[PDB]
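The model presented next includes darapladib.
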Amino acid sequence: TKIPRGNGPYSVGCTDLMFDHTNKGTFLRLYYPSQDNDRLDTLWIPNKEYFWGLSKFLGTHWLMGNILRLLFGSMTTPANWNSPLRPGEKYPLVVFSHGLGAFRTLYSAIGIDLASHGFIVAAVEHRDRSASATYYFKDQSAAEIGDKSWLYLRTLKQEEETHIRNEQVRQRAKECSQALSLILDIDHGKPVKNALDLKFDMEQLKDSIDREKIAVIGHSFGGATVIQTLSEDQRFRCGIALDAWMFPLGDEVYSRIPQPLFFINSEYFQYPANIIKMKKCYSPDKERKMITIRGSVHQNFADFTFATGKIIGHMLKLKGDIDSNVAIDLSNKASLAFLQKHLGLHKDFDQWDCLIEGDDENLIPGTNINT
Ligand SMILES: CCN(CC)CCN(Cc1ccc(-c2ccc(C(F)(F)F)cc2)cc1)C(=O)Cn1c(SCc2ccc(F)cc2)nc(=O)c2c1CCC2
């Protein structure tokens, strides 16, 4: 309800796609330009098990599962559920990676605005036990009955945290790459039965993708995922990391990324040892940009920043000094400028080229971290 609508000229539709039905299959939330704009009725957090997951992730016990569920379980996100895809054009494609303790639906402000500008967006649900919860189906008949098998976030011991996070960011890359393949193959006529039954007939996606214009975007853990993904998959033509958390990356990725890469940071999350990994990505033969959003906290990139009031927002570290709507607008617009330059879109997004440069009252070029 407080989650912002898309600022762009397209109406936006949302749906979910699972294929195959297994735990090794692809799971994504799709945002896309809808043909019609009949009602904004997409449920934001669609299953109790996520409120269970959040609670477990956040430190809380069981009751907070229910309190969070009672507070939010009905909240909508401004997209037309299962609305038909708008026809007659090929859309550039974004694949989006959520952060630690998140899942596919918690970045709709980004997803939706992006779609309102001519993007199809596939927000993937990671099955590396980095999501709070996720689910899949043990067999085809389970999928048919809606007999979901749930997978909750894994917590790690110190000794564990270097091998595991990296094993995880490798899986996340394979999952971004795989979702890309799912879509691309649908785009070229591969018949697919969605493991979920939904009004939206997946066949509409046929011949609807501009295959030269793919980008990968993610937040935090998802930002590290952007960098691994580009590393291994040149179908992704540029990436955008929203406050990347660089710890899961091996030292080998830095020399391996040729595509242009964009760092959008928050002022209050970054720390020098994180930043120095970002600087390791810079090379005169490569395009790396970096802006910092002033007054912004880590959470400014996800949807819970528009879910509480100004006071409690700041208490829960969900909101910062900057306005949540002013922030996400800067990030979204800075992104559209960047996506236009390196995918060679023919739109008016260059009108925010300055936001790539930090030319704003609320933007800092580079980073506040002096080194
Ligand atoms: C150590 C694990 N936890 C416990 C301290 C760290 C949690 N954390 C920061 C954070 C702050 C607030 C909330 C929050 C979300 C919803 C609510 C409520 F529902 F109540 F409204 C309240 C609080 C969630 C995470 C992080 O882990 C930050 N983080 C995140 S937060 C992304 C996220 C997760 C859940 C969510 F709901 C929204 C955003 N992602 C990452 O990839 C990484 C990090 C750190 C390193 C890598």
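What you see of chain A is 54-424, where the numbers are those given in the PDB entry. Atoms within a ligand are numbered from 1 in the order they appear, just like the ligands themselves. Excluded from the calculations below are hydrogen atoms, water molecules and symmetry mates; all remaining heavy atoms, backbone and side chain alike, are included. Header lists the method as X-ray crystallography, 2.7 Å.
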Item to complete: Determine the main partner chain of darapladib by heavy-atom contacts under 4.5 Å and name it as in the PDB entry.
Response: Platelet-activating factor acetylhydrolase
Worksheet item: Which UniProt active-site residue in chain A ranks closest to darapladib by heavy-atom distance, and what is that distance to the nearest 1 Å?
Response: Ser273, 3 Å
Worksheet item: Under 4.0 Å, heavy atom to atom, what does darapladib touch in the other chains?
Response: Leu107, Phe110, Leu111, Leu121, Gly152, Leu153, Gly154, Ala155, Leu159, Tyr160, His272, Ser273, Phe274, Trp298, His351, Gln352, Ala355, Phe357, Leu369, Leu371
